[PDB]
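Just so it is clear: chains get the letters A, B, ... in the order the sequence lines come, proteins before strands, and each one is counted from 1. Reckoned from all heavy atoms, side chains included, excluding hydrogens, waters and symmetry mates. Quick check of the header: X-ray crystallography, 1.9 Å. Whatever order the structure lists them in is the order used to number ligands and atoms, beginning at 1.
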Amino acid sequence: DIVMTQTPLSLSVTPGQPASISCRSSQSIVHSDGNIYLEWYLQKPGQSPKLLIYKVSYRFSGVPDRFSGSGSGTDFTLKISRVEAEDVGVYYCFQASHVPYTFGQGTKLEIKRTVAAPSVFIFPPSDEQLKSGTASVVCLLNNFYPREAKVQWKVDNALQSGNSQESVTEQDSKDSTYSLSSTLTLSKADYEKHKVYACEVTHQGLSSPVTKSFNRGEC
Amino acid sequence: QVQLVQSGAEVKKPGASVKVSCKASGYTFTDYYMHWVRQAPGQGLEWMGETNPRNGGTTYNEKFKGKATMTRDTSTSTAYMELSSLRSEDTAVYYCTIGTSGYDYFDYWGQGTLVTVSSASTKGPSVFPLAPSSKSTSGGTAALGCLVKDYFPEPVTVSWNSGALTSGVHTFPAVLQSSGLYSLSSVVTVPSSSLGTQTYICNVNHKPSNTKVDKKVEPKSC
Ligand SMILES: Cn1c(CNc2ccc(C(=N)N)cc2)nc2cc(C(=O)N(CCC(=O)O)c3ccccn3)ccc21
């Protein structure tokens, strides 16, 4: 099978600046008809890939003029003249000149926007969950940049360990930010031993940590 | 107009079979070859084969030959991909795709079907509201959401107000818990001024357990 190798593996570009992605085929990709069936696709998380360029250099209908393809032999390149927020995701090259048709491993494009501090929100466990014998406390870190935001849980100012789980979103296609969710999970019995539940947030955009807290039973 | 609607996610035991469907609309079914593409982290995106909708013949990728059996029903404009003798390594997202300009490109894709191969039985999630309160406001913005806890396998989809509310929505990637079950949260930021007039419902779908939950997130008077 023809191996399609993409370089670089990842790219971080400031809005309005160019982006270049290379795709190298392990063999020639000239179809018996004489054409080179080399395509470029953009895939966003949870979504199907979307066609950008076909037959090396042809721009698919509806794709912005900032996208262009070039190449010959075994060396193909995708170019973005000026990157926009909407360009985030994973770029894949693909050959359909020889069976089996093969895809590249992918190149992740990150948009290098300005620093944005997170907005912090806290949710006590719901009354319906407390009826079941479990208590989940949610701390939301919203629309920040860069992705490195640290969350620490404190229960009556005592630093917690091993009772929380977090998840970061993909980079937003509109504002180039990330959001993070952290969940503290305790039994109703452990939950009832303490009063002050706090999530402390550290980030590049915060000169000093931001703490959001509540007193158990006050709602 | 051109649509490719695939069957929902399924959990299957090792050694069992699974038939994924791809319902085509908005074009004459017999005009274009139907393709199946696998996506698994590691091996990445792989083209499995192409089915001729006229004669029903499939040109397979050697790697998927035998393992995958592709068919088409011209009476229902539906293409099928059947995987037999399922193994852990078959866990992946399976897409159907078509090319409308000869064999130049793939312009239309289905939404994908996640097939999970496991001995663990399906588990439907519990849905808990993340009610807006004084503790979840920032300026004139209120955050609210839903906590989707203890499901297996992936995925869960979350929409807000049957898809009418999308702006400021963040449905977080699932987290694997110690129990082997998954959890996720879906949040939205809205004006705090209109919490008294607007209604916010999270629509939670877990296709492998046939779970459909609609949860109205009521503001907290705290
Ligand atoms: C191998 N191949 C494919 C595979 N699709 C494909 C899509 C995209 C890509 C890609 N991503 N590059 C790669 C492959 N589609 C083909 C269409 C024709 C064709 O011209 N006709 C018209 C015949 C008439 O005049 O009726 C046709 C139509 C229906 C059935 C049979 N033949 C010939 C060969 C074809």
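For ligand 1, the recorded drug is dabigatran.
The chain sharing the greatest contact count with dabigatran is, according to the PDB entry, aDabi-Fab2a heavy chain.
Counting only heavy atoms under 4.0 Å, the other chains near dabigatran are A, B.
Here the heavy atom of the protein found nearest to atom 21 (N) of dabigatran is B/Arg54 NH1, 5.0 Å. In the vicinity of A/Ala96, heavy-atom distances shorter than 4.0 Å reach the dabigatran atoms 10 (C), 12 (N). Residue nearest to atom 16 (C) of dabigatran, selected from A/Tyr37, A/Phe94, A/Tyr54, B/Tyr33: B/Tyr33 (by heavy-atom distance).
With a 4.0 Å heavy-atom cut-off, dabigatran is reached by no atom of B/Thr59. In this structure, B/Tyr105 is part of the shell of residues with a heavy atom less than 4.0 angstrom from dabigatran.
The protein heavy-atom contact nearest to atom 13 (C) of dabigatran is B/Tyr103 O, 3.5 Å. According to the entry, the name of chain A reads aDabi-Fab2a light chain. Heavy-atom separations between A/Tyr101 and dabigatran include at least one value shorter than 4.0 Å. The deposit names the source of chain B as Homo sapiens. At the top of the distance list for atom 1 (C) of dabigatran, counting protein heavy atoms only, stands B/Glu50 OE2, 3.4 Å. Counting protein heavy atoms only, atom 7 (C) of dabigatran is closest to B/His35 NE2, 3.4 Å. The binding site of dabigatran (heavy atoms under 4.0 Å) is made of A/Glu39, A/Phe94, A/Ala96, A/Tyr101, B/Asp31, B/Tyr33, B/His35, B/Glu50, B/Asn52, B/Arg54, B/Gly102, B/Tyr103, B/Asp104, B/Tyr105, B/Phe106.
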